[PDB]
Amino acid sequence: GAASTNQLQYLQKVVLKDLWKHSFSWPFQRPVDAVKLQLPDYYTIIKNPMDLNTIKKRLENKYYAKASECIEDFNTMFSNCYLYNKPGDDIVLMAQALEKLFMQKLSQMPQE
Ligand SMILES: CC[C@@H]1C(=O)N(C)c2cnc(Nc3ccc(C(=O)NC4CCN(C)CC4)cc3OC)nc2N1C1CCCC1
Ligand SMILES: [Cl-]
């Protein structure tokens, strides 16, 4: 298909899949459960929550019109983690490692 089709296909079949398979993806595989995690303030602080399963469903459901919209959701997921947590926290180190992988896969995004 067209470049834009290949881009969203790449985000689903390669980028999302490889991030999910990474050993540090588990905190990012579901929405934050504020009661379970004992964090009453999470959704007061984070007003545009995002996670990999939401992104997965959106790609499956053909929700994104173009790749940039999907990339915005991945970046939001990482930014939320940096904003909510503190420097040096384990969850931040995990996010940073995942983001490094994300950036590597993006650097090979097709443009045709
Ligand atoms: C939401 C804040 C931040 C973040 O940004 N994301 C994305 C996140 C996504 N997922 C998780 N996952 C879990 C984190 C903690 C637990 C857990 O079992 N917490 C116990 C709760 C009861 N308490 C007595 C002892 C600790 C389970 C998790 O997943 C099932 N944590 C996340 N953190 C962490 C939240 C605490 C540090 C940072
Ligand atoms: Cl599900």
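Heads up, chain A uses the PDB entry numbers, so what you see runs 25-136. Just follow the structure's listing: the first ligand is 1, and inside any ligand the first atom is 1.
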Open item on the list: What drug are we dealing with at ligand 1, do you know?
Closed with: BI 2536
Task: Most-contacted chain for BI 2536, named by UniProt - done: Bromodomain testis-specific protein
Task: Binding-site residues of BI 2536, heavy-atom cut-off 4.0 Å - done: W50, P51, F52, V56, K60, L61, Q62, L63, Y66, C105, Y108, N109, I115
TODO: Could you check atom 33 (N) of BI 2536 against the protein and tell me its nearest heavy-atom contact, residue, atom and distance included?
DONE: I115 CG1, 3.9 Å
- [ ] Report any other ligands and ions found less than 4.0 Å from BI 2536, or state none.
- [x] none
Open item on the list: As a test of the contact definition, would atom 10 (N) of BI 2536 count as having a protein heavy-atom neighbour under 4.0 Å?
Closed with: yes
Open item on the list: Among all protein heavy atoms in this structure, tell me which lies nearest to atom 36 (C) of BI 2536, with the distance rounded to 0.1 Å.
Closed with: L63 CD1, 4.7 Å
TODO: Would you mind running through BI 2536 and noting each atom that sits below 4.0 Å from a heavy atom of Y66?
DONE: 1 (C)
Open item on the list: Polar contacts were defined as any N/O atom of the residue lying under 3.5 Å from an N/O atom of the ligand; does this apply to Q62 and BI 2536?
Closed with: no
- [ ] Using a heavy-atom cut-off of 4.0 Å, name the UniProt JQ1-binding residues of chain A that are that close to BI 2536.
- [x] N109
TODO: For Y108, counting its heavy atoms only, list the atoms of BI 2536 lying under 4.0 Å from any of them.
DONE: 2 (C)
- [ ] List the closest protein heavy-atom neighbour of atom 15 (C) of BI 2536: residue, atom name, distance to the nearest 0.1 Å.
- [x] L61 CD2, 3.8 Å
Task: atom 5 (O) of BI 2536: nearest protein contact (heavy atom, Å) - done: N109 ND2, 2.9 Å
Task: Min N/O separation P51 to BI 2536 under 3.5 Å - done: yes
Task: BI 2536 atoms in contact with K60 (distance to a heavy atom under 4.0 Å) - done: 21 (C)
Open item on the list: If we count only non-hydrogen protein atoms and require a distance under 4.0 Å, does atom 24 (C) of BI 2536 qualify as touching the protein?
Closed with: no
Task: PDB source organism - chain A - done: Homo sapiens
- [ ] Take atom 18 (O) of BI 2536 and look for protein heavy atoms under 4.0 Å from it; say yes if you find one, no if not.
- [x] no
Task: Protein heavy atom under 4.0 Å of atom 28 (C) of BI 2536 - done: yes
Task: UniProt domain holding most chain A contacts with BI 2536 - done: Bromo 1
May I have the N/O to N/O pairs between BI 2536 and the protein that fall below 3.5 Å, each with atom names and distance to one decimal?
{"unit_1": "BI 2536", "atom_1": "5 (O)", "unit_2": "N109", "atom_2": "ND2", "d": "2.9"}
{"unit_1": "BI 2536", "atom_1": "10 (N)", "unit_2": "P51", "atom_2": "O", "d": "3.1"}

